[PDB]
Amino acid sequence: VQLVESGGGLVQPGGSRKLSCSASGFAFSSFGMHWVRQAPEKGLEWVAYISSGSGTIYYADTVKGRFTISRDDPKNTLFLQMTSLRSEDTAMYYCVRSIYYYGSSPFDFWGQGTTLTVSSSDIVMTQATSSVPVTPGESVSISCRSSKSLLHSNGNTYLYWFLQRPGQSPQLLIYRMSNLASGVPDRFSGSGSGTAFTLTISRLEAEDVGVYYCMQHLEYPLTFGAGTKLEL
Amino acid sequence: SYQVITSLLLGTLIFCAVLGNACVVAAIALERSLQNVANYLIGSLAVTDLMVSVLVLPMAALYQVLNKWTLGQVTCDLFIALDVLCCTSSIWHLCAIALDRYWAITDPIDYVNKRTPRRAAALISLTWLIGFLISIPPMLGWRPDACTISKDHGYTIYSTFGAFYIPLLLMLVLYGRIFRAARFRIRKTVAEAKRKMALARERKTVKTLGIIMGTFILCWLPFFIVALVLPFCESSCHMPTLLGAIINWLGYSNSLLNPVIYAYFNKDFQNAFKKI
Amino acid sequence: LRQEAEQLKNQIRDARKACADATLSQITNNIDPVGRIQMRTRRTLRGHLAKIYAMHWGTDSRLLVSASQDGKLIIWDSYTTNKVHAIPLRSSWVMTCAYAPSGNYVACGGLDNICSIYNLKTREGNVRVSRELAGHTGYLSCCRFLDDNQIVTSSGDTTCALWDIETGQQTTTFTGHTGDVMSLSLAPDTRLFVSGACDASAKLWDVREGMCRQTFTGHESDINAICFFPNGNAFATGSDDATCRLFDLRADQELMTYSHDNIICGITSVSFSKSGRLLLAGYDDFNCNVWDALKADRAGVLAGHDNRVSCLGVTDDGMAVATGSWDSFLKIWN
Amino acid sequence: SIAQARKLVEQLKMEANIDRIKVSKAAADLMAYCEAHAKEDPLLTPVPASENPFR
Amino acid sequence: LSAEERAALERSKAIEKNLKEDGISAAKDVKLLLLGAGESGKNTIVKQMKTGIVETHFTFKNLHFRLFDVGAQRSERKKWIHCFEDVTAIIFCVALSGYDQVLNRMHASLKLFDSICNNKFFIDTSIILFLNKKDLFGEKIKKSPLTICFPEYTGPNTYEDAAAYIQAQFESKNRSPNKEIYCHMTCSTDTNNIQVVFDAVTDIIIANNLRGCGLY
Ligand SMILES: CC(C)CCC[C@@H](C)[C@H]1CC[C@H]2[C@@H]3CC=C4C[C@@H](O)CC[C@]4(C)[C@H]3CC[C@]12C
Ligand SMILES: CC(C)CCC[C@@H](C)[C@H]1CC[C@H]2[C@@H]3CC=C4C[C@@H](O)CC[C@]4(C)[C@H]3CC[C@]12C
Ligand SMILES: CC(C)NC[C@H](O)COc1cccc2[nH]ccc12
C-alpha cells in the first residue's frame with residue numbers, strides 16, 4: 001500500500017494546478033479519498049473528500065467552489081483541481097486513504113504529500129496542551145476537547161488520533177475513540193466520553209516523538225485539533 | 001325498481017372488476033415469484049383495467065343509471081378522455097402481452113439474453129402513450145345534457161383504428177404466428193401416448209387462443225364496429241341506445257375478463273393466490 | 001469380527017440403557033413452559049440472487065456472513081442491513097460458510113471440495129482468498145473456525161478434517177463416518193466437535209487427539225444440522241426424518257426428540273438460544289420452528305420465508321436469530 | 001477387509017469404555033444451565049425495545 | 001446517520017448495484033447439469049463442448065451455456081442435487097456400448113436416469129439424453145444381441161432397432177408431461193453435439209414459454 005502525491009511546486013497567487021495521487025498496492029476504487037493539508041507550521045486541516053465510486057464529494061468551506069476533488073479508478077489516481085490559489089493555500093497536501101464499513105479503520109493510510117507553495121457550525125477539536133516534554137518509558141496522556149459530543153446515537157465516538165512524526169506523513173493510531181489502528185503497538189490507548197478525550201501512551205519510545213492530532217468524523221467538515229507535539 | 005336492477009348489475013360488475021384487477025396487482029406486488037416481464041405486463045394490464053374500473057366504470061354507470069349526464073361539461077370531457085385513454089391502454093396491453101409472448105415463443109435467445117423488465121416498462125409506456133394520443137385530440141379540439149364521444153369522421157377513423165382495429169390486426173397476426181409456432185413445436189415433439197398428448201396440446205393451444213382472441217373480439221368488436229360505422233350513419237342509421245350500452249359494457253367487461261384470462265387462468269398466479 | 005462388533009454395539013446399548021433412568025420429559029414436567037415465543041422479522045437481508053445455503057453470525061453479534069449459490073459471500077451489518085462485503089467466490093456452488101471468531105476471516109466451500117479462507121482485513125481494502133484448503137474428496141458441507149489458524153471442515157467424502165490455515169494442510173483427518181458428513185458444531189471450549197452425517201449418526205470428535213469419542217444414533221435419516229447446547233455437554237441434531245434430537249455427551253444417548261405430526265419435511269439447520277432452552281430448527285416446509293429444548297414443546301414458529309429455510313443462527317449474545325433460505329433472503333428475528 | 005473390521009472393533013471398544021452419567025443428572029444439568037441463564041436469553045425473555053438492537 | 005454511517009450505506013449501495021449487475025449477467029446463462037455414469041460419454045461431450053465440480057462455459061449462437069460436470073462427486077447425489085434444481089436441462093450421457101458390459105452398465109445407467117427423472121427437484125426439468133458410442137454399439141451389436149442387457153427385448157438385432165429399443169427404455173422413465181427427453185445418438189467423432197444441445201435448449205425454452213402462455 002502506497003499513495004504517491006504529485007504536483008505541489010510553486011505557483012503565483014490566483015493561479016491553478018492539479019494535485020495528483022498515484023495510488024498503488026490496494027483496492028483504490030473501494031476507498032474513500034481525502035485531501036488533508038498542513039500549513040508549513042500549523043496543524044492538519046481537512047480539505048476535500050471523494051467517496052468510493054465518486055458518488056459523494058465534500059469540501060471544506062474555505063476551498064469549496066474553488067477546489068475540485070476527483071478520482072480515476074482505472075488508473076488508481078486521485079486529483080485535486082485547485083483554482084484561484086490564495087496565499088492561504090500554501091501547505092503540504094496529504095492524500096488520505098479511508099474506507100467505511102462497520103468496523104473499518106478510516107484514515108488509516110496517508111500519502112507522503114506534496115508541498116504546494118503560493119507566493120505573496122463546524123465541530124471544534126481543542127488540544128489545549130502542546131509541545132509537552134516527555135521522558136521515554138513513562139506514560140503520557142494527550143487530551144482533546146470537542147465543541148460537540150462526538151458520541152453518536154449509534155454508540156460510536158468519531159474521534160481520530162494521528163501521529164505526525166517529524167518529517168513523516170501522519171499515521172493513524174486510533175480511529176474511533178478507543179480503537180487501536182493496525183500496526184500500532186498496543187501501548188497507545190484512547191478514551192474519553194462525549195466531548196472530552198485523552199490519548200494515553202503507556203511506555204513512550206523515541207519514535208512517539210511527534211505531533212498528535214485529533215480529528216472528528218461525526219459531522220462531515222472534518223476538523224483537526226491543533227496538534228499536541230511531544231518532545232524529548 | 002327498473003333502475004335499481006341496472007344499478008345493482010353495473011355496480012356488481014364494477015366491484016368484480018375492481019376486486020379482480022386489484023387482486024392481480026396485489027398478487028404481483030406480494031409475491032417474488034410473480035415479478036416477471038410477462039407478469040409485469042399482465043399486472044400492468046390489471047392496473048390499466050383497475051383504472052378503467054375505478055375511473056370510467058363508476059361514472060359510466062352513473063350515466064347509464066341516470067340515463068343522463070348529471071355532471072359538468074368539464075367532467076364530461078374528462079370522462080371521455082379517461083374512458084378512451086384507459087380502454088385504448090387496456091387493448092394495447094393485450095397487444096403488448098401478445099408481443100411479449102410472441103418474442104418468448106419465437107425468439108428464445110432474446111428471451112434469455114435481451115428480455116428485461118425495461119422492455120416490459122417500455123411496452124407499458126407505449127400502450128399508455130397510444131392511449132393518450134387517441135384520447136387527447138378531442139380535448140385539444142377535434143369534435144346537450146348527454147356525454148358522448150366525438151363523432152368526427154376523421155377522429156372516428158383515427159381512434160377506432162388506433163385503439164381497436166390496428167390492435168386487433170396486430171394481436172390476430174401475433175397470435176396466429178404464436179399458434180403456428182406452437183403447432184410447429186408440438187409436431188416437432190412428435191408411443192401412441194405421445195401423439196395423444198400432442199393432440200391434447202394442440203387442443204389446449206386452440207382453446208387458449210380461442211379464449212384470448214374470442215374474449216377480446218366478443219368484448220370490443222361489437223362496440224368498435226358501431227363506433228366506426230355509426231358516425232358515418234350520422235343521419236340514416238340510429239343505434240337503439242340499448243344495443244349501444246350493451247356493446248360499450250361488453251367492452252368494459254373486457255376489463256373484468258382480462259384478469260381471468262391472463263392471471264386467474266395462469267397456474268403461477270393461482271399458486272401465488274393460494275399463498276395468501 | 002462382525003460378531004465382536006455386534007457384541008460391542010450391544011454392550012454400548014446396554015450401558016446407555018443403564019443410564020436411561022428418567023427421560024428429559026419426566027424431569028422437565030414441572031418447569032413452567034414458555035408461552036409462545038413470538039419473534040418478528042426485525043431485518044430482512046436482501047441482495048442474494050439465488051438460494052442461500054449457509055450463514056454464520058459474527059461473534060460481535062452484529063456482522064454475519066451468508067453464502068449463496070449466486071457465487072457471492074456477503075457480510076451483513078445486521079443492525080443496519082448494510083452490506084459490509086460482497087465476496088465473489090471462485091465456485092458458486094458454496095454450501096457452507098464460517099465467520100472466524102476474531103472476525104478477520106471468513107470461510108466458504110461446497111461442490112469444489114475446497115475450504116476457501118478469505119481475509120476480511122487486509123491492507124488492500126478488498127477481501128481476498130488467503131488460503132484454499134484442498135484435500136477433501138467430497139463437497140464441503142460445513143466448516144467452523146477454531147481460531148485464525150485452525151478450521152474444522154466436514155465433507156461429503158465422509159470425513160471431517162482439521163486444517164492448519166497457514167500451511168494449508170490437514171492437521172487431523174476425522175474418519176469414521178460412512179455417510180456424507182453434513183454438519184459440524186464446535187464445543188464452546190473448541191476442544192471437541194460433533195459432526196452429523198448421512199449415515200444417520202452423530203459422532204463426537206476430539207480435536208487434538210483426532211479420534212471419535214462417541215457415536216450417537218437415534219435418527220432414521222440423514223442428519224443435516226448439528227449444534228451443541230450452550231454449555232457443550234449436549235447437542236441437537238437436525239435430520240431429514242423430520243425430527244430433531246438432543247444427545248447428551250456424558251449420558252451418551254438421546255435425551256429428547258423434537259418432532260411433530262404436522263412436520264414431515266426435512267430439517268436443514270438447528271441452533272440454540274443463549275440459555276439453550278430454545279432449539280430453533282429450520283425446515284424444508286419454508287419456516288423455522290422454535291422448540292422448548294427442555295420440554296420438546298413447539299414454542300414458536302418463524303414463518304416468513306418463501307422457500308426452504310436452509311440455515312439459521314443465533315447471535316452469541318442471544319439477541320437475534322438470522323434465518324437464511326432458498327428464497328434468497330435472510331431475516332433477523334427477535 | 002479384515003483390517004476394516006479390526007478398526008471398527010477397536011473404535012467400538014474405545015467408545016464402549018467411557019464414564020457415562022445417568023440421564024437424570026444430564027437432564028438436571030441441562031435444566032440448571034437453562035434456568036441459570038434464562039434471564040440472559042433475549043429470545044427466551046424478550047428485552048425492552050430500548051435494549052433491542054434490532055428495533 | 002453519521003458521516004461514517006452514511007459512507008457505509010453508500011458502500012452498501014455500491015455493493016447492491018454490483019450484486020444486481022452480477023445477477024443480471026448470471027440470469028443470461030443457460031445452466032446445464034451433465035450427468036451419466038462413469039465410462040459413459042460425459043468426458044467426450046465435454047471435449048465436444050470445448051476438484052469436485054467441473055464447470056464448462058461455452059457460447060453457441062449467442063447463447064451462453066454453463067455446463068456443470070459433477071461426476072467427480074463420488075458421494076450421495078441427493079445431498080447436492082438440489083443445487084442444480086434450476087438448470088435449463090440435464091444432459092444425461094449413456095454409453096450405448098454398455099448393454100454388453102457389467103460393472104450391468106446399461107442397467108446402472110437406466111437406474112440413474114430413472115432417479116434423475118423422478119427426482120423431486122427435476123420434476124419439470126427436460127433432459128438432453130445422449131446415447132454415446134453409437135459406433136462401438138454398432139460394432140458390438142452385430143456380434144452379440146441386445147439380450148444380455150434386456151431379456152424382454154424380443155426384437156430385431158439390427159443396430160437401428162436395438163438403439164431405438166434402448167432409447168425407448170430410457171424415455172419410458174420420463175412419466176411427466178411438463179418434461180421432455182431429447183435423445184441423440186453420438187459416436188465421439190461427430191462435431192454437432194453442441195448443435196444438438198443448443199436445439200434441445202431452444203426447444204426447452206420455447207416449450208416453457210408456451211406453457212407460460214397456456215399453449216403447451
Ligand atoms: C363477454 C363474454 C361473454 C365473451 C366471452 C367469450 C368467450 C366465452 C368465448 C369466445 C371464444 C370462445 C372459444 C373459442 C374457441 C374455443 C376452442 C374450443 O376447442 C373450446 C371452446 C372455445 C374455448 C370457446 C369457448 C368460449 C369462448 C372463449
Ligand atoms: C362476465 C362477462 C360476461 C360480463 C359481461 C356482462 C355485461 C355484458 C352485461 C351484464 C350487465 C349488463 C347491463 C345491465 C343493465 C343495463 C342497462 C340497460 O339499460 C343497458 C344495458 C346494460 C348497461 C347492460 C349492459 C351489458 C351488461 C353490463
Ligand atoms: C361512453 C363512451 C365514451 N365509451 C367509450 C368506450 O368506453 C371506449 O370507446 C373508445 C375507445 C377508444 C377509441 C374510440 N373511438 C371511438 C370510441 C372509442
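So that the names make sense, note that chain A is the first sequence line, chain B the second, and so on, each numbered from 1. According to its header, the structure was obtained by electron microscopy, 2.7 Å. Counting starts at 1 for both ligands and their atoms, following the listed order. Values below: every heavy atom of this structure, side chains too, minus hydrogens, waters and symmetry copies.
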Novice: By the name used in UniProt, which chain has the largest number of heavy-atom pairs within 4.5 Å of ligand 3?
Specialist: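 The chain with more contacts than any other is 5-hydroxytryptamine receptor 1A.
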Novice: Quick check: what drug is at ligand 3?
Specialist: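 Its PDB name is (S)-pindolol.
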Novice: By chain letter, which other chains contact (S)-pindolol with heavy atoms under 4.0 Å?
Specialist: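 Other chains under 4.0 Å (heavy atoms): B.
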Novice: List every atom of (S)-pindolol that sits less than 4.0 Å from any heavy atom of B:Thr88, numbering the atoms from 1 in the order shown and giving each element.
Specialist: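 Listed by number with element: 12 (C).
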Novice: What part of B:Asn248 sits under 4.0 Å from (S)-pindolol if we count only heavy atoms: the side chain, the backbone, both or neither?
Specialist: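 Side chain only.
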Novice: Which residues in chain B does UniProt mark as serotonin-binding that also have a heavy atom less than 4.0 Å from (S)-pindolol?
Specialist: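 The UniProt serotonin-binding residues passing the heavy-atom test: B:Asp83, B:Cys87.
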Novice: Could you tell me, atom by atom, which parts of (S)-pindolol come under 4.0 Å of a heavy atom of B:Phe224?
Specialist: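 In order of number, 10 (C), 11 (C), 12 (C), 13 (C), 14 (C), 18 (C).
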Novice: Is the closest heavy atom of B:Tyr63 to (S)-pindolol under 4.0 Å?
Specialist: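 Heavy atoms of B:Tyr63 never come under 4.0 Å of (S)-pindolol.
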Novice: Where the closest heavy atom to atom 16 (C) of (S)-pindolol is concerned, which of B:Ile149, B:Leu82, B:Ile91 has it?
Specialist: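 Among B:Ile149, B:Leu82, B:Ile91, the closest heavy atom to atom 16 (C) of (S)-pindolol comes from B:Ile149.
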Novice: Any idea which of B:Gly251, B:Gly244, B:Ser159 brings a heavy atom closest to atom 13 (C) of (S)-pindolol?
Specialist: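 Nearest heavy atom to atom 13 (C) of (S)-pindolol lies in B:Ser159.
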Novice: Provide the number and element of each atom of (S)-pindolol under 4.0 Å from a heavy atom of B:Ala163.
Specialist: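 Answer, ordered by atom number: 12 (C), 13 (C).
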Novice: Can you report which non-hydrogen protein atom sits closest to atom 2 (C) of (S)-pindolol, along with the distance?
Specialist: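 The protein heavy atom lying closest is B:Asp83 OD2, 3.3 Å.
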Novice: Check each atom of (S)-pindolol against the heavy atoms of B:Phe223 and keep those under 4.0 Å away; list them by number with element.
Specialist: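 It comes down to these atoms of (S)-pindolol: 5 (C), 6 (C), 8 (C), 9 (O), 10 (C), 17 (C), 18 (C).
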Novice: Between (S)-pindolol and B:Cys87, can you find any atom pair, the residue atom being a heavy atom, that is separated by under 4.0 Å?
Specialist: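 Checking (S)-pindolol against B:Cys87, which is what was asked, there is a heavy-atom contact under 4.0 Å.
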Novice: Quick one: does B:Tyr155 get within less than 4.0 Å of (S)-pindolol, heavy atoms only?
Specialist: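 The answer is no: (S)-pindolol sits nowhere under 4.0 Å from a heavy atom of B:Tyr155.
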Novice: Which of the atoms in (S)-pindolol, numbered in the order shown and given with their element, are less than 4.0 Å from a heavy-atom of B:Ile80?
Specialist: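 The atoms of (S)-pindolol under 4.0 Å from a heavy atom of B:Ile80 are 3 (C).
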Novice: Would you mind telling me which transmembrane segments of chain B have a non-hydrogen atom under 4.0 Å from (S)-pindolol? Number them from the N terminus as in UniProt.
Specialist: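 By UniProt's count, heavy atoms that close sit in segments 3, 5, 6, 7.
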Novice: If you measure from each non-hydrogen atom of B:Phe164 to (S)-pindolol, which part falls under 4.0 Å: side chain, backbone, both or neither?
Specialist: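 It is neither part, as no heavy atom is under 4.0 Å.
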Novice: Can you name the atoms of (S)-pindolol, numbered from 1 with element, that are less than 4.0 Å from a heavy atom of B:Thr160?
Specialist: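 So the atoms of (S)-pindolol that pass are 15 (N), 16 (C).
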Novice: Which residues of the other chains approach (S)-pindolol to under 4.0 Å (heavy-atom distance)?
Specialist: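 With heavy atoms under 4.0 Å, it is B:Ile80, B:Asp83, B:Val84, B:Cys87, B:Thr88, B:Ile149, B:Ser159, B:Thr160, B:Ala163, B:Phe223, B:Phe224, B:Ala227, B:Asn248, B:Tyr252.
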